[PDB]
Participant: 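Would you mind keeping the following structure in view while I ask a few things?
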Amino acid sequence: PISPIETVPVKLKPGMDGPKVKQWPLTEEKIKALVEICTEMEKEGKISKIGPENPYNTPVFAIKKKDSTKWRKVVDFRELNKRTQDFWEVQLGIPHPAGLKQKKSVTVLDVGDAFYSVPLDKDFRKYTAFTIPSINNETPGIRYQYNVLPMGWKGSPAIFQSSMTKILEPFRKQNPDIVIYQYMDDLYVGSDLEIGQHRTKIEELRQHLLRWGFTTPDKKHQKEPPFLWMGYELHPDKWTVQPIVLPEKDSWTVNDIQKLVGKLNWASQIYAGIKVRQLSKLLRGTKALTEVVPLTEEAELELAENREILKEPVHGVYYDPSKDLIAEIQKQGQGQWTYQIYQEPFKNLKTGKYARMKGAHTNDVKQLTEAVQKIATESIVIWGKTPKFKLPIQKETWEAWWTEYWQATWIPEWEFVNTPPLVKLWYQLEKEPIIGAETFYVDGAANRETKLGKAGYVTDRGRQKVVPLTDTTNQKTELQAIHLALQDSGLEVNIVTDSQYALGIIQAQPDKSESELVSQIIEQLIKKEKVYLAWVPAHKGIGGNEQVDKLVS
Amino acid sequence: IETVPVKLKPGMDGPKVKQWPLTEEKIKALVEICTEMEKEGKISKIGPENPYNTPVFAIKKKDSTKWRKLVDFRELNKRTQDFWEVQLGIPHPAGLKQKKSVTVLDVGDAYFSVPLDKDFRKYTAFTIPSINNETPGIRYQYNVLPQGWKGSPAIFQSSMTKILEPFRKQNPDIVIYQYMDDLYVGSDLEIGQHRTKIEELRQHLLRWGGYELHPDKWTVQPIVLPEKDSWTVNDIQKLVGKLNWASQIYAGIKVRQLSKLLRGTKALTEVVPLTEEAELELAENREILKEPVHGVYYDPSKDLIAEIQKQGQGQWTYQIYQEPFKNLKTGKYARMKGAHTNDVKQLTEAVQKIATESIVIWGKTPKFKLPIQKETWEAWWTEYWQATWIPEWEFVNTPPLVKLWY
DNA sequence: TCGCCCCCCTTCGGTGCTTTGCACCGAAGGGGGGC
Ligand SMILES: C=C1[C@H](COP(=O)(O)OP(=O)(O)OP(=O)(O)O)[C@@H](O)C[C@@H]1n1cnc2c(=O)nc(N)[nH]c21
Ligand SMILES: [Mg+2]
């Protein structure tokens, strides 16, 4: 049937006209599948024959459905889509089973031929003109236009969703104690009514839907657990992901690895401790999706660990609004973090991971803070509130950080949890100069046209060094000069530089870097006992700085 | 009444900004506020064929613990036609910063009695999100002058003067300034007498449709030089680097007689006696820093900019300028909630305070350069926002070379 | 040989700095998943 709901008015972008592209050849099975849907869709009023005074066209094809032998008619509206107005999409996100509450009675229903039940704005229909080929070289194809939302058109999802929202609204206001998760044409319906009253409400919902032209076929009407929903399985007390099958190859392409990393990220929502850093490294610097990539040793190890985790059965549980949400995080190494969200111990609502590298230079305290922020955002999305945190960082470590770091920072209510490795600051610059420690005046300069440079130092103990450098930069020579002072000094040292750039990096206490040079400076800072680092303006004849600046020249 | 024709700026389209995630309680407030606004015809349900959007959230001031809807129209306002060209601008009174008490009243509701040009309404769309994405976003657009839209005070301008004229007729020494949805109302009366006349202004407004600011003690915080009895090499280096940076702001500041006190490759902890010619140079520099800088004047045609540095133990310094190194104001913000725990709350409160001062002083808010990571700010700031306006901002990571402002 | 949404990982290119590379960031490529 076709909804009597009002059409949504739609325009082409200004200046634009409609598509004019010729149909391609398709197969006999596909053509007969299309004719069964086309001449039947015409009989249902879904399309109408048109002729040559309509100057638009677009080509059509068909793909198989997961609903047995049924085919899905789709038209290649790439051109019409570019010329169609923009839309504000109303699907803001994807519902998650960990946000469901336990319900006494649950139904999952699906609308039949959902897009084809919503009428298309009459003035727009002419732009959807297509043609069914039928063996191509037999006769010229018959021309049609859509009267309903076509699959493949940019506007169809939003106009369907908004129409579905309006049709459900009479029913939602009338039954506030019934939860209806509405995802496209798929309706999860939960309630705390007894099954008899519940089935009464389902039948009423189905009838309201049918008066608006939305069928609910029996094959897609689930009334018994486990419910198949959004790629999960809903049991009364728990939920699971539908099975995850990892590719197994003896030679891997880039595209294979890309598929494997995707599956693992999907798994990481319920499987704790998944890691993908070493597998993802394999994608860096490749240049074709069919290029063979040999797995490094680290990636085989990571893969083997994930496979072990995936062997074990896991489930999430459902949300209890009367209990706190709790989020716990563990460090996994090389900027990888994994977390669990629960309310009762050892009963996870869900898990996840954070592994993004933000910035050229960073440290574990910052990345922990990023993971906290990702989890805070995800918790607002799923549950409407943020959790309490359990974090593997000492209160003194945090307090040391946010009082020595110049940017505002914060972490909400959290409790220390001793699950090594702990998050820690790996060194701390002294706030005052160190008595009895050598004082290094450092400098590096580079010639920007030459790319040649020098890095050097002078010392209050009379020490001096200049090293030549090749294919370098201004900023690199300054890092290099500091590297050299750390290399030649004892366990305690005073350093004076005129590079705000270098001071800027080091003062943030990074413990990792995309730069091999900054990494070497970091490992040197970590081995020192005390380091005081001070800045002076360049080219101002300041004692020590002026002498090393003279010497670098 | 009939609508005023409104345009975007030439070659600009309307705002297309995504809704961010909202807590359960903010979502429930928005749904209640919006459905009642819908019933009253102030907003209308729309669909996805309107391609514009602006984020919506909600705030709750704690000595009026009802929720206030806030639509972040910053993008829309930037793209809306200026009203000075159409002569619909509001003038700033120079007397407001001279009063000893200024009270802010939220008069946004008066806008809802004036309809908005029907061709402009589509640019005001916003979307209420859904917990765990149970449903699609619910979309509305305005039929009336929106709160937080810069066009509403301009269009409502002549009507607002009519409602206000009796009150300031009766009270020639009280100064009222309209900024966006707010009236800033200042006087020199005793703190309990001031409050009483604020309640009288309310009741006159109520018959058709915060806390006390004190501009008298918005103390300027100059660049200060340490005072010690013995000075290390390190002390003099830190002192010289600071005055070199300050010579970009102040005129004729010397360090040549201090720089060569440090002649040679010296130990940072070596105590260096100050020469006559250096004590000479230093106290002169302290006098120059003492009283502010000659030749710096506000320009109403240029934007204001504010920089903030965290100083620690709840202290936050700030400068407001239009041209680099020509500060119209330098200050220090400090606020204790008795915990000392939240940098992000303190910074969010420092931002409202500083912007408030700019409204009082100059009639507009500055663009802030915020010393915080974008994503840390965006995770938490709406928890602490209490103004009906929102200033422009950007995120900076500036390591302190010198500690100039402390 | 299609559409719309979220997520992650990588790459690319635009912006602004009292720069000459560098760091930041948004958009677009690939993948996963949903309907
Ligand atoms: C969400 C959608 C509805 C639900 O899709 P659906 O699986 O429930 O199938 P439908 O209701 O049509 O009939 P059915 O429930 O009797 O089987 C469909 O209208 C169309 C849309 N959709 C789904 N997959 C695709 C696709 O790949 N390409 C396109 N352009 N659109 C698609
Ligand atoms: Mg269906």
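To find a chain, count down the sequence lines: A is the first, B the second, and so on, and within it residues start at 1. Method reported for this entry: X-ray crystallography, 2.3 Å. Both counts, for ligands and for their atoms, begin at 1 and track the order of listing. What's counted below: heavy atoms across the whole structure, side chains too, no hydrogens, waters or symmetry copies.
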Participant: Hey, which chain has the most contacts with ligand 1 here? Just the name the PDB entry gives it.
Facilitator: Pol protein (Fragment)
Participant: Help me out: which of rimonabant, maxacalcitol, entecavir triphosphate, ralimetinib, denifanstat is at ligand 1?
Facilitator: entecavir triphosphate
Participant: Can you point out the other chains with any heavy atom under 4.0 Å from entecavir triphosphate (ligand 1), by letter?
Facilitator: A, C
Participant: Quick one: look up the protein heavy atom nearest atom 29 (C) of entecavir triphosphate (ligand 1) and list residue, atom name and how far away it is.
Facilitator: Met151(A) CB, 4.0 Å
Participant: Which residue and atom name correspond to the protein heavy atom nearest atom 11 (O) of entecavir triphosphate (ligand 1), and how close is it?
Facilitator: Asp185(A) OD2, 2.7 Å
Participant: Does the structure show any other ligand or ion less than 4.0 Å from entecavir triphosphate (ligand 1), and if so which one or ones?
Facilitator: ligand 2 (magnesium ion)
Participant: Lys65(A) heavy atoms, cut-off 4.0 Å: which entecavir triphosphate (ligand 1) atoms fall inside?
Facilitator: 17 (O)
Participant: Taking heavy atoms and a distance under 4.0 Å, where does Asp186(A) meet entecavir triphosphate (ligand 1): side chain, backbone, both or neither?
Facilitator: neither
Participant: Which residue and non-hydrogen atom of the protein lie closest to atom 26 (C) of entecavir triphosphate (ligand 1), and at what distance in Å?
Facilitator: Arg72(A) CD, 3.9 Å
Participant: What residue and atom, counting heavy atoms only, is the protein's closest point to atom 13 (O) of entecavir triphosphate (ligand 1), and at what distance?
Facilitator: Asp113(A) N, 3.1 Å
Participant: Which organism does the PDB entry associate with chain A as its source?
Facilitator: Human immunodeficiency virus 1
Participant: If you measure from each heavy atom of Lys66(A) to entecavir triphosphate (ligand 1), is any distance below 4.0 Å?
Facilitator: no
Participant: What protein heavy atom sits nearest atom 14 (P) of entecavir triphosphate (ligand 1), and how far off is it?
Facilitator: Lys220(A) NZ, 3.6 Å
Participant: What's the shortest distance from atom 19 (O) of entecavir triphosphate (ligand 1) to any protein heavy atom, and which residue and atom give it?
Facilitator: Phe115(A) N, 3.1 Å
Participant: Just heavy atoms, cut-off under 4.0 Å: does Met184(A) contact entecavir triphosphate (ligand 1) by side chain, backbone, both, or neither?
Facilitator: side chain
Participant: Can you list the entecavir triphosphate (ligand 1) atoms lying under 4.0 Å from a non-hydrogen atom of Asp67(A)?
Facilitator: 17 (O)
Participant: Under 4.0 angstrom from entecavir triphosphate (ligand 1), any heavy atom of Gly152(A)?
Facilitator: yes
Participant: Tell me whether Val74(A) has any N or O atom under 3.5 angstrom from an N or O of entecavir triphosphate (ligand 1).
Facilitator: no
Participant: What name is recorded for DNA chain C in this PDB entry?
Facilitator: DNA/RNA (38-MER)
Participant: Determine whether the side chain, the backbone, both or neither of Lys70(A) has a heavy atom under 4.0 Å from any heavy atom of entecavir triphosphate (ligand 1).
Facilitator: neither
Participant: Side chain or backbone, does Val111(A) bring an N or O within less than 3.5 Å of an N or O on entecavir triphosphate (ligand 1)?
Facilitator: yes
Participant: In this structure, which residues build the binding site of entecavir triphosphate (ligand 1) when a heavy-atom cut-off of 4.0 Å is applied?
Facilitator: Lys65(A), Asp67(A), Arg72(A), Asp110(A), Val111(A), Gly112(A), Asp113(A), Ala114(A), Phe115(A), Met151(A), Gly152(A), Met184(A), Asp185(A), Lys220(A), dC2(C), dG3(C), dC35(C)
